[PDB]
Amino acid sequence: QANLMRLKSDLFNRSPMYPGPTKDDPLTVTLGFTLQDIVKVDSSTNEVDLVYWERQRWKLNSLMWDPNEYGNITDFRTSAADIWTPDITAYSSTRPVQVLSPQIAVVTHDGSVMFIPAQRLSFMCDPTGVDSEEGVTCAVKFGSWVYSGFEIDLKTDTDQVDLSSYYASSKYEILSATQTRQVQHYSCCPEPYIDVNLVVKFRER
Amino acid sequence: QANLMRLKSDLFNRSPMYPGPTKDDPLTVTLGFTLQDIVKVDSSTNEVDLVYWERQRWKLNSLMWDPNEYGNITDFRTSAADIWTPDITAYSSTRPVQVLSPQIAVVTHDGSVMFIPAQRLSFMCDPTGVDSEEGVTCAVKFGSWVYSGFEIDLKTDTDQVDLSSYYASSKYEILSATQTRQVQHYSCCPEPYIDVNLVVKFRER
Amino acid sequence: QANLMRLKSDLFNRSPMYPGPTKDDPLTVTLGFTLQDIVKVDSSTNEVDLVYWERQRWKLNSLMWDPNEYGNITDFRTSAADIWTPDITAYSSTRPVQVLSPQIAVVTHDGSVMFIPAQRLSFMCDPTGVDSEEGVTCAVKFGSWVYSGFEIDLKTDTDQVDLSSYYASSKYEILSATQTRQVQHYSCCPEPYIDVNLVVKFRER
Amino acid sequence: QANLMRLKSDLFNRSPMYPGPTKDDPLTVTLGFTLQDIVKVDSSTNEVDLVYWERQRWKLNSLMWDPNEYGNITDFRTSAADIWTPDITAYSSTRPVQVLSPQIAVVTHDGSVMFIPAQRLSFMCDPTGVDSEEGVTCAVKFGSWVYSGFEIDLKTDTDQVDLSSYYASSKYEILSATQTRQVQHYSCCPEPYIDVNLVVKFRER
Amino acid sequence: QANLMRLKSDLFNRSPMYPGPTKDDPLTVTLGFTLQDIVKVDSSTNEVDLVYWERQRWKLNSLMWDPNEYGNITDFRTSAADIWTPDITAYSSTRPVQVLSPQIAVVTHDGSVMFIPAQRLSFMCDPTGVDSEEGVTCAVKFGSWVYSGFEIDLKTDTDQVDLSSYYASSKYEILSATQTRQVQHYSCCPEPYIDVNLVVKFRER
Ligand SMILES: CN1[C@@H]2CCC[C@H]1C[C@@H](NC(=O)c1nn(C)c3ccccc13)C2
Ligand SMILES: CN1[C@@H]2CCC[C@H]1C[C@@H](NC(=O)c1nn(C)c3ccccc13)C2
Ligand SMILES: CN1[C@@H]2CCC[C@H]1C[C@@H](NC(=O)c1nn(C)c3ccccc13)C2
Ligand SMILES: CN1[C@@H]2CCC[C@H]1C[C@@H](NC(=O)c1nn(C)c3ccccc13)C2
Ligand SMILES: CN1[C@@H]2CCC[C@H]1C[C@H](NC(=O)c1nn(C)c3ccccc13)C2
Ligand SMILES: *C1O[C@H](CO)[C@@H](O)[C@H](O)[C@H]1NC(C)=O
Ligand SMILES: *[C@@H]1O[C@H](CO)[C@@H](O)[C@H](O)[C@H]1NC(C)=O
Ligand SMILES: *[C@@H]1O[C@H](CO)[C@@H](O)[C@H](O)[C@H]1NC(C)=O
Ligand SMILES: *[C@@H]1O[C@H](CO)[C@@H](O)[C@H](O)[C@H]1NC(C)=O
Ligand code: NA
């Protein structure tokens, strides 16, 4: 708490805050999902609720420091409201996402930030076939809402969704879960937008 | 990050916020709807729920700059709470509108602002006949709540609601989707009032 | 915009906020209701849901200005948070009232304020007989919570509830809707309180 | 209004907020309840919902003033957020309480404060026998959450619950309703613990 | 109350905010659960709702003080927002935890802090067999969300969950309730994490 108080002051109070990436200084955000449980399936309205962890990672020069000047501190924890965060969001949610975890990020001396919110999400899915052997497939896109591919690019560290914390006695079993970076060119806008596509095939019991 | 900080502070920290339009200095807000899905139909209460993107566009002289002065930044993204926004509301909602996307807008050097919140709206519609071949038509009007057409004029770039992102496997099919500007030279108050009427015709299957 | 910025700064940033009325300087608030729809009837809990606009009007000398001193501005819109508002509330709600419109008010140069929040309200009503030819009668009264008649008085411009914007395809037809000034005395307190009684008789179909 | 603003400035700005009661300077909170309706009874979850008013009264020397020094002002109204309030909490709630009235308090020149929030409360109650003629009895205790009897004392003005505003067409019929101060000493601690027990016997029709 | 104001001002305002523990200056959080009721069991979504109090205890050296310098004050109550708090969270919640008690803590002159918030938690649990004589078992982990064992270790003053406040007329009786410290090693990280595993076996009637 000696040099850690002095470090956080030198980063947040003295210096201004990141106003977000630009075309001249773009940013790459790494995205990884941890599927925990499929909680609800509404066939009357086509809604499916997921509980998942959202791994987000990015790096800013204006967060870097030299450990030898701050008690050999390599990393720290702080409120996610102390730093800038990307506007990563689902394209087809039907309700406001609810947050299940503390909003705290980890900041490392290279300027890399690690932020992993646990969330609950209702989204659009016709769940017809979930009670069959073949199951049913759903998909929901995640990406920046207002920044283009020239300002925020996405990447994944793997095409496989982490299922190592999927709830055992879940009403549903996961057949396949894949997260896949796409580059989307919409008819509305001259700039492309980049998303990671969370695709899940699943079935009952 | 260097020129953008200076730009954001010159625009926001060096002038009081735009107090809004007046009779002498009216404003034109362009409006457009993207129907993503019809999410709920209640024939017992006559409530229908929509998920849509509401595109709002306007231009302010006080938000103009010369890029040459700012490292040739032509546009930037900022929190919607940094800038003035129009009081566009649905005239027949039954529940508070729920925001599904980040509250971020796009400001351009010409002074223009693009703001597209994704939203869930519950409004008044008798869905009787939805299970017929002919379907049922709902309608909901959007406009400024407190500004007359003398301060805020409305406008659409097209009469057709954007259906390019409509849920491929939706519970309902859209038969027609129109967005129409309407002007009341009388609405219980001696003053011209303007709305954009959203008319949606749809049926089950 | 230059003059309006100045008027608002002069009103809101150079004088302490109005501390509300007192016995020595009372206030009269005008109240009117516009019934848009009866959205829910629950005979198992005796709750009825209304959607209405509540019109509130009052005058403060501390909001007066001479137009000549400010570009001939005669009136402007501002956030309701910028001004004092009366604590008018429904007496028999069963759930927190929900606001459906922007919290913005019109201020006029003579010091008059017009504030019209659209709302959804759940209140105590036994709807027994609503499917009868005669119908059922519900009532909810609205008043200040902590200001007596010596500090806040209420009046109405008409005794008839505005039904000109009632949903044409509502589940319920309105047989009569009145709004009446009433003096209430409580056992706890000597001072009388003033409210406005909203009486609505309606039926199905 | 000049004297009021001056008085408010003197109480809330020329001084720090009351840090709360201590063992050297204890405080007595008078508690009284007003039952308005019993709105929900869930026999499967053992939850009952009340709509009631919680009357709290205490007196601070720091809130005293001589009316002669302030143009004869003997009392005023002000947002509950401007002053300290006791942590009177229900001990067996199942859900967060929902506020139904404005949060304004009345402050009298003797330093006394009167604060009466209207609330919807969900609490633990096996309602078995509510349809019988003997009905059912439910109870919920109210007191400080973190202050012992050494810091906050509780007191009632009467043992009868105010039924003068009980909903006339309520689904239920109140057989008895009492509010009783209770003290429980413990062998580990010299500090007593104080609560007011709200006991309601009721039945259908 | 004069001494208390000066104490709180010396500890909070004339001192930098505690930045949380590190590898160098780690922290031990003592954890305890008082179970009040099992309020909901959903067998179609595998969700169980608990209401409980969560006793948190820890000690900062930065919150120590000499009572002799501040009028023999041994402890005081203050908002949980005035001080740093551990990010203890449930690992398998399905909805945001709902706080039922005031967010106030107690700080002792030795620097120790006791924080006991009442809560409603929804978590993943297959309730299959609850209506049987053997009953059913649920488990939920609680621990820091961003800190490892190096920064935060957990402790329990006992291994039995307090059932002395369990609702007597509950829909369910408890068969066993344990709170047991566990040390994990998730594959993502080379550092260990501490958690306390609340395990509850129970049944109807
Ligand atoms: C990820 N985001 C980007 C692409 C679409 C969804 C969001 C919002 C944002 N959308 C848009 O900018 C957008 N959408 N429509 C239908 C338009 C029509 C005309 C002009 C702009 C737009 C950009
Ligand atoms: C966009 N807005 C304008 C047009 C109607 C919808 C909203 C509400 C606003 N309403 C009104 O201003 C309004 N309404 N009633 C019944 C009144 C009676 C007397 C004076 C004013 C009003 C006007
Ligand atoms: C409209 N108002 C609401 C809140 C305060 C003033 C009035 C009267 C009423 N509340 C009262 O103030 C009130 N009620 N009871 C039973 C009391 C007992 C002692 C002192 C005051 C009261 C409700
Ligand atoms: C207001 N309070 C009451 C209700 C819950 C919150 C607080 C905590 C309080 N509990 C106590 O602090 C408590 N209880 N027992 C049996 C003890 C034995 C030794 C030391 C402390 C306690 C109970
Ligand atoms: C369960 N966890 C959460 C809460 C604390 C213990 C652990 C550790 C912590 N972080 C992680 O869970 C975590 N980190 N990375 C890089 C991951 C990659 C894939 C899956 C999970 C993670 C948060
Ligand atoms: C508390 O403070 C007083 C004042 O200085 C001190 O003299 C005394 O030791 C303490 N209390 C007792 C035991 O008198
Ligand atoms: C755009 O502005 C930049 C400022 O660095 C300038 O270097 C550049 O010349 C400008 N564009 C043109 C016309 O080259
Ligand atoms: C307002 O209007 C009057 C009359 O038209 C005009 O003479 C005066 O200059 C105006 N004041 C301002 C500042 O616009
Ligand atoms: C209160 O002020 C008025 C004068 O404005 C006067 O009637 C009265 O004397 C004053 N109070 C007392 C106690 O005199
Ligand atoms: Na009243």
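Lettering follows sequence order; numbering is per chain, from 1. Just the heavy atoms: all of them, side chains too, but no hydrogens, waters or symmetry mates, feed the values below. All ligand and atom numbering here is 1-based and tracks the order in the structure.
The molecule at ligand 5 is the drug granisetron. By contact count, the main macromolecule holding granisetron (ligand 5) here is known in the PDB entry as soluble acetylcholine receptor. In contact with granisetron (ligand 5) at heavy-atom distances under 4.0 Å, by letter: A, E.
For granisetron (ligand 5), the residues with heavy atoms nearer than 4.0 Å are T34(A), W53(A), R55(A), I116(A), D162(A), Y91(E), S144(E), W145(E), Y186(E), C188(E), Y193(E).
Applying the 4.0 Å criterion to heavy atoms of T34(A) picks out, from granisetron (ligand 5), the atoms 20 (C). Of the protein's non-hydrogen atoms, the one nearest atom 20 (C) of granisetron (ligand 5) is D162(A) OD2, 3.4 Å. Among all non-hydrogen protein atoms, the one lying nearest atom 6 (C) of granisetron (ligand 5) is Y193(E) CD2, 3.6 Å. Entry annotation: chain E, source organism Aplysia californica. Per-residue contacts place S144(E) under 4.0 angstrom from the following atoms of granisetron (ligand 5) (heavy atoms of the residue considered): 5 (C). For atom 3 (C) of granisetron (ligand 5), the closest heavy atom belonging to the protein is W145(E) O, 3.8 Å. For granisetron (ligand 5), the atoms sitting less than 4.0 Å from at least one non-hydrogen atom of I116(A) are 10 (N), 11 (C), 13 (C), 14 (N), numbered in the order shown with element in parentheses. The protein heavy atom nearest to atom 1 (C) of granisetron (ligand 5) is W53(A) CH2, 3.5 Å. The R55(A) neighbourhood of granisetron (ligand 5) comprises atoms 15 (N), 16 (C), 17 (C), 18 (C), with distances under 4.0 Å to a heavy atom of that residue. Of all protein heavy atoms, the one closest to atom 7 (C) of granisetron (ligand 5) is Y186(E) CD1, 3.9 Å.
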